[PDB]
Amino acid sequence: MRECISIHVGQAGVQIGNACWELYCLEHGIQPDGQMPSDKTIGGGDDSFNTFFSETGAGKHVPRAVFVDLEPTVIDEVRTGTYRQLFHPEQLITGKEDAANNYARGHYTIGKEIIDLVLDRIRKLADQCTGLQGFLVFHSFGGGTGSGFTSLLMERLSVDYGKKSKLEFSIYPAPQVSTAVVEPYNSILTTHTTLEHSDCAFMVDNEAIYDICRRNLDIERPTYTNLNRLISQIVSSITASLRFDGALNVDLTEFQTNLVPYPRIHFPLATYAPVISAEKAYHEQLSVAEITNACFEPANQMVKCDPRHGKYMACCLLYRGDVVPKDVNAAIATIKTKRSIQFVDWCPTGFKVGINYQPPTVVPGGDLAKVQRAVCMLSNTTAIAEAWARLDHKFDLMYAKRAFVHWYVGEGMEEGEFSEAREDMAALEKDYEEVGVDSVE
Amino acid sequence: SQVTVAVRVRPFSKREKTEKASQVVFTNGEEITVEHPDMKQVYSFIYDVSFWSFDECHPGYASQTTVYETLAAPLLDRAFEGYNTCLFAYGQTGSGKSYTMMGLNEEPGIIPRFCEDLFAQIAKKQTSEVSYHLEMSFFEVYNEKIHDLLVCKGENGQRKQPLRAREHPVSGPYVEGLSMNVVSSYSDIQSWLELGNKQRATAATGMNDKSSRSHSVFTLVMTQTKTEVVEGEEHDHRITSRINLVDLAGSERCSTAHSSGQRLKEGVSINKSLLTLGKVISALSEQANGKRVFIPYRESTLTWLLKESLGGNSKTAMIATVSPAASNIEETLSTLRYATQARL
Amino acid sequence: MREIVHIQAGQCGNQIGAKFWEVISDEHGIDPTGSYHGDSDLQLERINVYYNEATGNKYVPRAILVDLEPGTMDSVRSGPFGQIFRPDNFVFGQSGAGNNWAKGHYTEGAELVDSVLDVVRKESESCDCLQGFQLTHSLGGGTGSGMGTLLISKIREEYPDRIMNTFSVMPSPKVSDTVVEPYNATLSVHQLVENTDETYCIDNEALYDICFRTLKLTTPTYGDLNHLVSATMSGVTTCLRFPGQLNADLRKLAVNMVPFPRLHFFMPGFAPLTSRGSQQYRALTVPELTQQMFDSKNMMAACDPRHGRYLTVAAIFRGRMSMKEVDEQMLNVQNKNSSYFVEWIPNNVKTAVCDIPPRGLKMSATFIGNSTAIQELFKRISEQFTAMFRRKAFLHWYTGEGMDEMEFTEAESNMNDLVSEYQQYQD
Ligand SMILES: CC(=O)O[C@H]1C(=O)[C@@]2(C)[C@H]([C@H](OC(=O)c3ccccc3)[C@]3(O)C[C@H](OC(=O)[C@H](O)[C@@H](NC(=O)c4ccccc4)c4ccccc4)C(C)=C1C3(C)C)[C@]1(OC(C)=O)CO[C@@H]1C[C@@H]2O
Ligand SMILES: Nc1nc2c(ncn2[C@@H]2O[C@H](COP(=O)(O)OP(=O)(O)OP(=O)(O)O)[C@@H](O)[C@H]2O)c(=O)[nH]1
Ligand SMILES: Nc1nc2c(ncn2[C@@H]2O[C@H](COP(=O)(O)OP(=O)(O)O)[C@@H](O)[C@H]2O)c(=O)[nH]1
Ligand SMILES: Nc1ncnc2c1ncn2[C@@H]1O[C@H](COP(=O)(O)OP(=O)(O)O)[C@@H](O)[C@H]1O
Ligand SMILES: [Mg+2]
């Protein structure tokens with residue numbers, strides 16, 4: 001009755017999914033073979049909740065997702081791994097050839113020959129759904145698949161489905177760190193087309209989570225498994241009100257309703273404040289005040305962007321565990337007393353709140369500790385324009401020498417689709433500026 | 001080595017007159033604005049030359065005589081000086097390019113005026129001592145392969161021989177096996193050009209069906225025998241001048257136009273070629289300011305054949321035809337941004 | 001699944017490939033009888049990249065061999081790992097090239113290239129999806145230069161969409177085992193840069209110096225030299241065979257490492273490399289490997305990168321490691337040594353990681369670099385060339401086999417223009 005279809009594009013998407021679905025299987029008691037001992041123990045309940053996991057007559061539970069990479073090396077670890085008996089074998093392993101970190105190859109040339117299968121499977125999944133609300137895509141800027149095929153798929157989906165939420169958890173490029181020269185071009189060409197289609201486009205940055213690991217969890221040599229688990233925790237804090245019973249439920253039609261004032265400024269940021277280890281899990285009270293103060297704390301954000309260089313337009317706070325609204329009222333009043341945290345002059349409320357009773361789960365072989373309460377915050381700022389301008393400068397440095405363009409126009413692109421995207425992204429940077437101006441009488 | 005970039009906006013056709021199609025581009029003297037109908041914003045473009053041919057009574061109107069007398073006659077006089085010239089031409093189907101360079105049988109373009117003024121100035125400058133002799137050539141570029149067009153094919157799978165380009169050390173690059181034919185009047189040029197453009201390769205994706213899918217160069221080599229050594233009076237040093245006039249193809253986005261196979265290659269190469277040309281033009285506008293740069297002629301065939309007509313003490317002219325309708329608002333933007341980068 | 005076709009020409013190519021296969025087989029668990037006797041199961045998931053299947057669990061490599069004197073193919077046959085090859089792919093002829101680029105391109109090479117393409121089409125049409133070709137040849141000589149460049153010209157027409165690399169062994173400044181090195185190398189560069197996507201310039205002086213200073217060997221023969229080129233070849237195509245945290249392939253590197261098409265000549269490098277005694281006193285970590293990679297006493301180009309700027313760099317790691325270490329170290333390189341990196345490319349580096357190291361190491365790394373310094377490798381030849389060509393020293397062995405003088409000036413001017421292209425981004 002309350003369903004959300006997940007889509008995973010690229011290496012980043014599939015690995016975030018392998019974290020997310022491990023988490024979801026742990027929360028609901030589902031084993032990797034898809035069975036449940038609890039429902040045969042007592043005979044009742046919908047712990048394997050119909051929001052994410054389907055069900056068939058054999059007491060098995062299959063996920064509501066589909067993978068695609070245009071490269072077979074990744075999905076062939078799922079098909080040949082611990083979670084092989086869970087996923088429907090229709091995972092797109094279209095491993096003829098990859099995009100070669102080129103938007104043009106994941107949009108027209110190699111982006112065809114796959115997409116129709118994806119649409120067919122998504123229709124097959126939706127027809128099994130009654131009250132669908134959402135299309136949670138996980139992709140990555142910089143890559144060719146996550147830049148192009150994502151754009152094409154969302155183009156098609158905004159026609160086929162329409163009045164349905166379509167969110168996005170992306171890996172935004174870092175200012176210093178990066179794994180490719182062609183990160184900028186693909187990013188600026190993705191944001192140009194994935195701005196009229198998407199409804200809320202979350203964003204993270206691996207530099208920030210690296211900083212978080214060696215300062216909160218005390219890991220000096222992490223890997224992507226230590227990051228995608230935090231992302232899974234974010235998604236779980238987001239997608240819990242549809243699953244578990246709580247006081248102040250918050251569905252997906254509310255995030256897009258209380259964080260997108262105007263339809264172009266739907267690029268928020270995330271934070272999950274308790275990232276402490278089992279050693280520091282003690283020595284600390286872990287109350288709502290500390291956590292909510294940590295959410296607005298720089299050096300705990302998931303995008304390298306100092307919000308003190310900007311202003312807050314809205315912020316949703318989704319809490320889990322032993323929480324009482326009295327403490328949230330107190331903490332919001334505390335944050336509104338302060339002066340480093342500037343809210344606009346057209347949003348005095350500036351706060352949506354969501355509360356749930358189910359605390360987070362602990363993944364074995366993990367880094368986080370067990371806690372009685374946890375928090376996620378999603379925040380819209382005028383400060384993320386800085387990152388856009390940073391990327392645009394790199395674009396304007398390379399595109400003047402016309403570097404790396406022949407690889408794009410050699411795959412179905414003209415030279416104008418670049419300048420159409422730097423001038424489309426040079427207006428949103430102006431919009432985020434206009435919204436920041438205080439009004440005048 | 002100065003390159004001039006220009007633009008000519010066509011006036012409305014009878015169809016888009018009847019359908020009351022919307023005007024998106026306007027002129028403020030030398031600036032040209034393009035206004036999305038009212039959507040959000042407008043872009044502004046500046047060029048060394050601008051021809052507002054939208055309606056007859058606007059000030060700054062540009063008749064064909066103005067286009068010739070502003071773009072071409074400098075090429076003529078700089079050729080008679082003894083140097084070389086390259087005239088370009090860009091525009092998608094439905095922009096006013098054929099009307100510009102050739103024209104109509106009662107509305108001349110650039111080419112007839114060029115040739116007629118040429119032969120007139122020759123026949124009035126021809127003396128008892130001086131003389132002149134001209135020789136033409138007409139070829140095309142298709143998928144980075146050269147083809148000659150003056151030949152009367154038989155019947156085959158294809159009578160299109162892929163000639164090879166070479167690099168003679170002194171003269172520079174050239175084409176091995178190029179038909180070069182004499183000329184003394186313009187009708188003799190028409191007789192070849194009709195055949196050539198009939199042999200030009202054209203194809204239909206879903207749009208206007210007779211759209212060129214190749215580049216086409218029309219070159220004239222002209223000789224001056226002004227020189228007679230009075231010590232014995234048998235011939236001595238002599239001047240030669242190369243005049244290239246090239247009609248290019250369209251950018252053509254390959255996604256909105258769901259293309260396959262040979263319609264993709266034909267488009268990919270054209271995109272590459274134009275980009276290379278862009279860099280060259282840009283570098284030359286950066287070369288005149290006095291900097292140190294590299295002109296990569298070798299990344300394309302068209303540039304490698306014309307290394308000597310652009311570089312050095314030579315002249316270059318580029319004109320970009322654009323439509324003012326609102327249906328063709330993306331194509332015009334592409335054309336104008338291309339020519340702007342050619343400016344800077 | 002992706003699929004490479006490995007062509008190899010001349011004495012150099014035969015003797016490099018015969019070691020390359022000797023290593024890939026060890027990595028995948030194959031024996032010289034074609035049979036499989038491995039331990040891990042990831043050794044077979046992607047054995048279709050280099051090998052093809054047969055009846056009794058045999059595995060025959062997709063190797064093509066294109067010499068013009070049988071003296072070398074017999075050494076491969078009469079060798080350890082020679083039986084695994086397909087005998088119908090040992091193309092050869094007679095009437096050798098005489099160390100002459102003409103014979104290998106017009107006379108004694110055109111009479112055989114069709115018999116080579118006959119095998120290339122067999123081994124390409126028998127693929128689900130080909131990624132590209134490979135080649136191992138030595139400039140300076142004959143066959144490997146001529147027939148190699150001719151096969152490149154003839155493969156780029158049939159298969160333009162696909163990839164074509166060339167692990168070329170460039171000449172050396174100091175030593176010269178052949179007297180007509182310049183005239184052949186120049187005419188090979190004239191036909192490579194127009195018709196290649198990423199080639200890896202190698203020089204034997206660098207490998208001798210690596211074998212002498214680092215590995216501290218006293219009697220390095222060519223078997224110990226090709227033992228390094230094999231390693232690099234393997235490292236390029238690791239993420240095409242084994243999994244990883246951030247995968248890659250040939251086209252990715254070619255996209256990131258080729259800003260402009262004429263500039264695809266790379267300096268390669270492999271790390272770790274230590275003398276047998278000194279392996280007890282070294283910590284196997286990412287930064288030690290990065291130090292060894294970005295050092296100039298390990299690059300095989302015989303060219304000091306500090307005399308130029310890194311236009312673009314690629315690092316392919318192999319082992320269970322962190323993704324913070326790689327990014328941190330590469331950013332540190334970009335920041336400290338900024339003078340050796342361009343500014344109109346902010347991040348002049350990229351990364352790939354595979355989770356499966358080599359047979360005896362806990363970690364490995366491979367390095368590719370596009371550097372302007374490569375002009376030194378050609379600016380030298382254009383001195384050797386023209387000095388010999390100013391008065392036509394050894395030229396009658398080239399005209400007489402159906403050539404003309406203009407074909408030399410063409411290549412000279414092209415090579416010089418490439419020098420001027422790489423100088424544009426130097427100061
Ligand atoms: C315990 C230990 O570390 O001993 C090492 C060793 O001493 C060193 C020096 C090995 C050794 O390499 C050499 O002896 C060598 C000699 C001349 C020229 C080049 C190398 C070694 O042979 C190499 C060998 O490792 C391998 O074999 C790799 O898998 C290598 N294998 C082959 O090349 C191979 C060759 C013929 C037949 C079968 C396999 C390899 C490297 C890259 C990609 C694939 C395979 C090992 C453990 C060592 C010895 C044995 C001493 C080194 O090998 C490489 C390429 O990494 C040379 O420096 C490294 C670091 C090692 O410490
Ligand atoms: N957080 C996180 N980021 C990842 C992960 N894997 C890859 N990335 C990021 O994704 C960026 C590029 O995306 P790719 O890994 O190439 O995946 P892709 O989008 O499918 O690109 P292609 O495979 O070439 O089509 C890299 O630069 C990484 O920064 C991951 O597991 N976790
Ligand atoms: N690295 C390496 N180089 C070699 C080997 N054999 C020959 N060479 C080099 O190859 C060059 C001569 O090339 P050659 O073998 O004649 O190529 P061919 O003409 O095709 O036979 C010389 O400069 C040698 O240094 C080898 O086994 N390994
Ligand atoms: N300056 C002008 N004045 C009047 N009409 C023009 C002018 N320029 C172009 N046109 C009209 O535009 C049309 C161009 O059509 P076409 O020759 O197919 O353009 P193209 O050659 O660019 O495809 C002609 O029919 C012509 O009447
Ligand atoms: Mg990938």
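Labels below follow one simple rule: chain letters A, B, ... track the order of the sequence lines, proteins then strands, and each chain is numbered from 1. Below, all heavy atoms of this structure are taken into account, side chains as well, without hydrogens, waters or symmetry copies. As the structure lists them, so they are numbered: ligands from 1, and atoms in each ligand from 1.
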- prompt: Which drug or drug candidate is found at ligand 1?
  reply: Taxol
Largest contact partner of Taxol (ligand 1) in terms of the PDB entry: Tubulin beta-2B chain
- request: Return the other chains, by letter, having a non-hydrogen atom closer than 4.0 Å to Taxol (ligand 1).
  value: C
message: Quiz question for you: does at least one protein heavy atom lie closer than 4.0 Å to atom 48 (C) of Taxol (ligand 1)?
response: no
- prompt: Is the shortest distance from atom 27 (O) of Taxol (ligand 1) to a protein heavy atom below 4.0 Å?
  reply: no
task: Taking atom 55 (C) of Taxol (ligand 1) as the reference point, report whether a protein heavy atom occurs under 4.0 Å from it.
output: yes
task: Would you mind listing which atoms of Taxol (ligand 1) come within a distance below 4.0 Å of any non-hydrogen atom of C:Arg359?
output: 29 (O)
- request: Distance to 0.1 Å, residue and atom name: give those for the protein heavy atom nearest to atom 45 (C) of Taxol (ligand 1).
  value: C:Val23 CG1, 3.7 Å
field: Heavy atom of protein closer than 4.0 angstrom to atom 3 (O) of Taxol (ligand 1)
entry: yes
task: Return the option from C:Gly360, C:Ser230, C:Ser364 holding the heavy atom at the smallest distance from atom 25 (O) of Taxol (ligand 1).
output: C:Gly360
query: Of all the atoms in Taxol (ligand 1), which lie at a distance below 4.0 Å from a heavy atom belonging to C:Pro272?
result: 56 (O), 59 (C)
- prompt: Protein heavy atom under 4.0 angstrom of atom 11 (C) of Taxol (ligand 1), is there one?
  reply: no
Identify the protein atoms, limited to N or O, that lie within less than 3.5 Å of an N or O atom of Taxol (ligand 1), and list each pair with its distance to 0.1 Å.
| unit_1 | atom_1 | unit_2 | atom_2 | d |
| --- | --- | --- | --- | --- |
| Taxol (ligand 1) | 29 (O) | C:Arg359 | N | 3.3 |
| Taxol (ligand 1) | 33 (O) | C:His227 | NE2 | 3.4 |
| Taxol (ligand 1) | 58 (O) | C:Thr274 | N | 3.3 |

